[PDB]
Amino acid sequence: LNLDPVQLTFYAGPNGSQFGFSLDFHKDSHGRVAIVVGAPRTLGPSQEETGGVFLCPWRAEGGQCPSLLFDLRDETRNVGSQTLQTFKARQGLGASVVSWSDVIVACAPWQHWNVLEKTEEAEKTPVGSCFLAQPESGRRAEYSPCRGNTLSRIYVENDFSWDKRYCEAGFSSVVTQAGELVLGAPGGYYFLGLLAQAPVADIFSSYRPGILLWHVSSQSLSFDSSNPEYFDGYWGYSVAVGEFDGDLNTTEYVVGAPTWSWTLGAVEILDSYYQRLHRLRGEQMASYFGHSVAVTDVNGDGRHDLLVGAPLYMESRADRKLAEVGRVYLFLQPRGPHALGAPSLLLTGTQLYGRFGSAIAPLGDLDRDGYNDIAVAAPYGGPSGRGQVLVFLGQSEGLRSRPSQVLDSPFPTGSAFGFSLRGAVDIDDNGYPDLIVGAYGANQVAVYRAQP
Amino acid sequence: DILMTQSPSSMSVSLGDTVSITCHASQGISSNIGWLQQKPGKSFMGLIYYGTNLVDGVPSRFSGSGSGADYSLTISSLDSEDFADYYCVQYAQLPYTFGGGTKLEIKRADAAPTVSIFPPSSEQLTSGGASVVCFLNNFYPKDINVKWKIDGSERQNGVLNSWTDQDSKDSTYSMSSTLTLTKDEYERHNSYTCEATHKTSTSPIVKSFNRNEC
Amino acid sequence: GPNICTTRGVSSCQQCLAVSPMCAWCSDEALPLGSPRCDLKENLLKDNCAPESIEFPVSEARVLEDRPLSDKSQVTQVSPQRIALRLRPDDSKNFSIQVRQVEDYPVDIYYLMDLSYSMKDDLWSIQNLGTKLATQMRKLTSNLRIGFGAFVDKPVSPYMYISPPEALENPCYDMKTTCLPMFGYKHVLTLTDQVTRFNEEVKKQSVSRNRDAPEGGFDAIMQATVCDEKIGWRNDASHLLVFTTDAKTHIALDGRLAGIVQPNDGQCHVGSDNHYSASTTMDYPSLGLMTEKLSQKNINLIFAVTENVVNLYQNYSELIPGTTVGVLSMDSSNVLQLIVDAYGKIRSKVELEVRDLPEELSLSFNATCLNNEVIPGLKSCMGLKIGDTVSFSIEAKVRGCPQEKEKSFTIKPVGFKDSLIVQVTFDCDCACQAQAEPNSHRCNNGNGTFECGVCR
Amino acid sequence: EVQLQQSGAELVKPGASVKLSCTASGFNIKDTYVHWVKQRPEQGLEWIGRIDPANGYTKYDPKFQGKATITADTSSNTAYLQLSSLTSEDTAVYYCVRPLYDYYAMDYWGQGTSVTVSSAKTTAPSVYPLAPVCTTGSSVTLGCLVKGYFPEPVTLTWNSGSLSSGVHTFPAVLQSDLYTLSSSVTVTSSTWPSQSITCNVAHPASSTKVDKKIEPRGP
Ligand SMILES: *[C@@H]1O[C@H](CO)[C@@H](O[C@@H]2O[C@H](CO)[C@@H](O[C@@H]3O[C@H](CO[C@H]4O[C@H](CO[C@H]5O[C@H](CO)[C@@H](O)[C@H](O)[C@@H]5O)[C@@H](O)[C@H](O[C@H]5O[C@H](CO)[C@@H](O)[C@H](O)[C@@H]5O)[C@@H]4O)[C@@H](O)[C@H](O[C@H]4O[C@H](CO)[C@@H](O)[C@H](O)[C@@H]4O)[C@@H]3O)[C@H](O)[C@H]2NC(C)=O)[C@H](O)[C@H]1NC(C)=O
Ligand SMILES: *[C@@H]1O[C@H](CO)[C@@H](O[C@@H]2O[C@H](CO)[C@@H](O[C@@H]3O[C@H](CO[C@H]4O[C@H](CO)[C@@H](O)[C@H](O)[C@@H]4O)[C@@H](O)[C@H](O[C@H]4O[C@H](CO)[C@@H](O)[C@H](O)[C@@H]4O)[C@@H]3O)[C@H](O)[C@H]2NC(C)=O)[C@H](O)[C@H]1NC(C)=O
Ligand SMILES: CCCCS(=O)(=O)N[C@@H](Cc1ccc(OCCCCC2CCNCC2)cc1)C(=O)O
Ligand SMILES: *[C@@H]1O[C@H](CO)[C@@H](O)[C@H](O)[C@H]1NC(C)=O
Ligand SMILES: *[C@@H]1O[C@H](CO)[C@@H](O)[C@H](O)[C@H]1NC(C)=O
Ligand SMILES: *[C@@H]1O[C@H](CO)[C@@H](O)[C@H](O)[C@H]1NC(C)=O
Ligand SMILES: [Ca+2]
Ligand SMILES: [Ca+2]
Ligand SMILES: [Ca+2]
Ligand SMILES: [Ca+2]
Ligand SMILES: [Ca+2]
Ligand SMILES: [Ca+2]
Ligand SMILES: [Mg+2]
């Protein structure tokens, strides 16, 4: 209701870099808020696409940002009569970026990997990898839990079980408050999908350069399955964390599986051991129910609610005609040991091909009335199709059906305005939480300040 | 198989010294080398992995260096705890191969041995055997040779030898040398001699007894 | 009292006919001068005028060409084909015409072959199905045109095996066998009436290989829909797009696993080499976008999928109205019936258009369609199947007497090669005018000529 | 705290087989490769092989192919080394090893397991006192000879451990299936023989304790 749309700040990256594909607020040990931006098609130092990360400091005027530096050199290690190989060309560094304390974790989901042993090989495949940075010290670490040294043949002999060769780890990422990094790997287990968890501290302390295959003892990966419902489900396309079992001493994981059960889609709430606690099923096939997942208490009762996005949902219209507009589903958490029932509210897009629900950002309390608010992206919405982000204020009954405010893309056609979003952080120190919106198509980020 | 030649096999050094152990591979092993430590009687502790990375908990004074086929472990300012055996292992190829080892030894001034010859006890002579024991004690450095003579002639077959480790107090070495022969023969000869040769002298230390002479 | 024949100058037999079509002329010289010569034929016969002397033309319409309507080379759809009308001043005449839809309805079938490795065992099935569509639908309609293309998936990691280097040319490298290089969508053969050729090319096809079970056939569907000139769909023709596969299908937003985030623009990107050039840069289409272009380009999608996935594609079908599903198998009956069933629903019209109709001639029509009701002033019937016959009754009215004397026009149905050529002669003179007799004889004052009992 | 706990010492007969064990503590045995290494005083360290207990796959140095079989069991969190066709060359200390971080490294080690291949029967030692020969200097060295015992160990002390300083008990040596050991003690000449000095040998395998007072040699 109170994001100023006239007073904007534009941060810009280089052409064709997809600067703004992903972003997050980052806070240094001093307390100063900055904006980390991911640019998955940034040219490396030898004019080949490697992707890149930028750390933007808060300015009213905005402008260009400094490049958070990472090692873009490929690595080879001949060890144990094998040849380990990393390939960073077209790895998409900054396809996702997340911050926690004084660390930043930017991932390259399509970083390739191979192992050669005489005439045989593991196969050159996109295991993915995450680069971890600590700006104020300069420390760097990596985490690539899907790398292996198993030759192609052995997977065939074992019916492709425990096949992590195509994980694309870091496709999605989130960090718990304790400092456990959780990665989405929708290619995991032959495109079932998987999650890999590891304490940020333990990643840093077990990493050394040039090793390539190393053990992070405290890590916890999810499991493979031979249940056809999970096949090609992309479980981990999106990921999130929250509190859904009443016990504050444990953390629950929210996983999006948008093509689960023959493209029906699903989202699951799980414990830290990856035992399923609940499963929400998609309403309509190919709608990509699970593309987005957001956790926030919107009705002021202290229990986290779940928001799921299905951006390709087709709405029914006059004379049996369908219209792709996109849909967001709200699930308010009830009291005690009781499952998440049917949706408390359905929000549906209005523009054809608008992809409403492509991103869902908890805004915190935008108007400081007590109830938390959210932002929902329609990257190709608005009458022109340039994009649109819609604010929804929270209330006792959940959310409002009608949006409180509508942000129209200031960038030209194709920008994907709203493809990325983040809030709940006060960047200018005025008491109200703000919103950063990414337009990778236009290589920019728009910062909207909340005002009284 | 890759051969790991380690050097030196031993060195005599002092507390506070900075020392280096080299280790040479028969082909290049691109830093795929580990360094190990074995203290007297104890088991193994990993010191360095992948050439230069210290294992968790290993003290600052240990460091690794080198590349290709030639690597070095360096201990700076030796602690008394650092007098032990050290080995390199390569894991560039299967099978993993180890170095010969390098033993850090406590340096001290040269000392000649205290040689003492003992004839067969009455108990042993009654039972039918006859062993002549000779102790060469508290000497430095460790290399020493012992010779046995019966009535002037050198006796080689039937000698057993044992050496202690470097002493915990005075850092010296001791040897024991037992000549065993049939009682039958023992009583057929008179003079029994035990000659210790050691770098502390050009001429050997001779100790003898003549059978039944009191 | 008096009629228009008698009381309008009438100095001659020619002017007499020119006055009105109901006028007659008495040439009988035995008639007294008091009696009028230009009058109604009843009035003449009432006044003792010789029956043989009465000049009273009657307009007619003889059939010149009358080949019957065809059943099942020549193929006659209009009958009669040639008529000879003969008219007198201002007079009109009518005639019949029958039109029948004999020739078969035009149908386009484009065939999409899943040639991924999972279809190795299903290859004979899709080869059998293709050639059966070709041959059996040719028997159903001689105006069939048929073509095909193949698809695998986006030739990009992780879908494509990208190692070792040999695997790019031969994806089956690590199986110690050979298969073709991977590809997104290949247009292979444009919609053609050459069935024997289509079957040969279809039987030549072989499989390729890719990493993941869901394939990129929806790209092929989109491009086969929107690439008009490449595929060759005809404007006035029934469009069928048969889609074969034994597995799941990639859908919009799957592309992000290959680093592809650009939404499908719905435009054609095939061009010269017959490959879908956007395969590695553009995302798969969404069901809505597919629906839009299928509807816009007027194409009926048919999923011909194997039994393990029928339920998947039946469910997609309900999200794309007008789509239908048949089972791909060793037997081609299920799928063929869908096509016959579609052909069974086709209905045509008969809409008469006139060409070269002279300034003077004006027409009016009576339509007798399948309801067997004479709808007056109507010249078109709608809702015909092959074998149906409608009928029209046309009346032509000439304006007076033209100087041309012999013209022709053509009544033709829209979309038919067949037509009716109607030849029109204008009969303005009298038979007694030939017997001119140049000399006056009776006048003898330099008047000249004496025809049908008159000086001038 | 990561720790590899190996099974106790083995006294095995030639031609027989033996199976050593190595149990994970403070971690799971499937976490990494587990290796087995052989040590001997003369020949040194030899790598036998490895296993990936997650899936059972193993590697061996051709030297130990056939003799050595490495297995593991994730239920009991233990890895095993089985040696068949035992020869005297198999007498050695055997260690299990795993890496800290680097997949391929050799960082954490067990305490080792001793294996002695022998046909020898249990035999109690003959213990002989060694008094000096017939002038006397400032000091005097005595000795004790322990011969023909099996198996190791014996424990030797002087005056029941009261005389610990100035002692040299030498490591045992093998000859013809049986072990021999000797010890020496030195004192000032005023100490001995005026005060009594006895040799105490104890061989638990044979249930034998012998005391030998060193007596001066007479006429
Ligand atoms: C397309 O189809 C239509 C429908 O059949 C057809 O219409 C005919 O057109 C011709 C001329 O082109 C008409 O001919 C004229 O007829 C006039 C007399 O018509 C009257 O009488 C008719 C018969 O009455 C009896 O029978 C009927 C049932 O059969 C019954 O209802 C009556 O009670 C009675 O018993 C009667 O059908 C007709 O009714 C039609 O007309 C009236 C008036 O407009 C209308 O209101 C009605 O709704 C109905 O449509 C009417 O009552 C006659 O006077 C006339 O003669 C003059 O002109 C001719 C030259 O054209 C001169 O020669 C003559 O000297 C006169 O000056 C002329 O003969 C015929 O009547 C039509 N028939 C019908 C049923 O409408 C078209 O021809 C068809 N076209 C083609 C190309 O095929
Ligand atoms: C294509 O689309 C069809 C139609 O939607 C799918 O088939 C349906 O699949 C759903 C699963 O989502 C089925 O739902 C389940 O129904 C079970 C019993 O249904 C009976 O009654 C129906 C009447 O409508 C009959 O059609 C049917 O034959 C049965 O007699 C319930 O037992 C299930 O409940 C359990 O699971 C759900 C989670 O889904 C839990 O919430 C429940 O607590 C419980 O554990 C469930 O409701 C449905 O029956 C199917 N319909 C039909 C008509 O077959 C296909 O799966 C789909 N195929 C593909 C390839 O996409
Ligand atoms: C047989 C695997 C090689 C794939 S292929 O050569 O047959 N190429 C196919 C695509 C395909 C991919 C996967 C598949 O099933 C893979 C099943 C593995 C499922 C996993 C899921 C996690 N649990 C372990 C098994 C079948 C076909 C082509 O048509 O080009
Ligand atoms: C990038 O190119 C665009 C046009 O393609 C041009 O307008 C501009 O000069 C460039 N923009 C930046 C930010 O470098
Ligand atoms: C929380 O529970 C975990 C086990 O899930 C346990 O390890 C830990 O001790 C608990 N924490 C506290 C603070 O009690
Ligand atoms: C056509 O007109 C003629 C008169 O020339 C008449 O005999 C006939 O009945 C009419 N037929 C139709 C169908 O109008
Ligand atoms: Ca909890
Ligand atoms: Ca709530
Ligand atoms: Ca609020
Ligand atoms: Ca603010
Ligand atoms: Ca098949
Ligand atoms: Ca595929
Ligand atoms: Mg296939």
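Lettering of chains proceeds alphabetically from A, tracking the sequence lines in order. The PDB entry numbering applies to chain A: residues 1-452, in that order. Throughout, chain B uses the PDB entry numbering, with the displayed residues spanning 1-214 in order. The numbering of chain C matches the PDB entry: 1-72, 78-461, in order. We're sticking with the PDB entry numbering for chain D, so the shown stretch reads 1-134, 137-221, in order. Every heavy atom of this structure was used, including side-chain atoms; hydrogens, water molecules and symmetry mates were not. Ligands are counted one by one from 1 in listed order, and the atoms in each one are counted from 1 as well.
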Which drug or drug candidate is found at ligand 3? tirofiban
Most-contacted chain for tirofiban, named by UniProt: Integrin beta-3
Which chains, by letter, have non-hydrogen atoms under 4.0 Å from some atom of tirofiban? A, C
I'd like to know what other ligands and ions lie under 4.0 Å from tirofiban, if any. ligand 13 (magnesium ion)
Entry name of chain A: integrin alpha-IIB
Which UniProt Mg(2+)-binding residues in chain C are reached by tirofiban, meaning they have a heavy atom under 4.0 Å away? C:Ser121, C:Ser123, C:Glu220
I'd love to know which of the UniProt Ca(2+)-binding residues in chain C sit under 4.0 Å from tirofiban, measured heavy atom to heavy atom. C:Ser123, C:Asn215, C:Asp217, C:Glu220
Which UniProt domain of chain C lines most of the contact region for tirofiban? vwfa
Provide the organism that the deposit lists for chain C. Homo sapiens
Name every other-chain residue that has a non-hydrogen atom under 4.0 Å from tirofiban. A:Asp159, A:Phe160, A:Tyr189, A:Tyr190, A:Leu192, A:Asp224, A:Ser225, A:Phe231, C:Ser121, C:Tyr122, C:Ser123, C:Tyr166, C:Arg214, C:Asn215, C:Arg216, C:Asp217, C:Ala218, C:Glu220
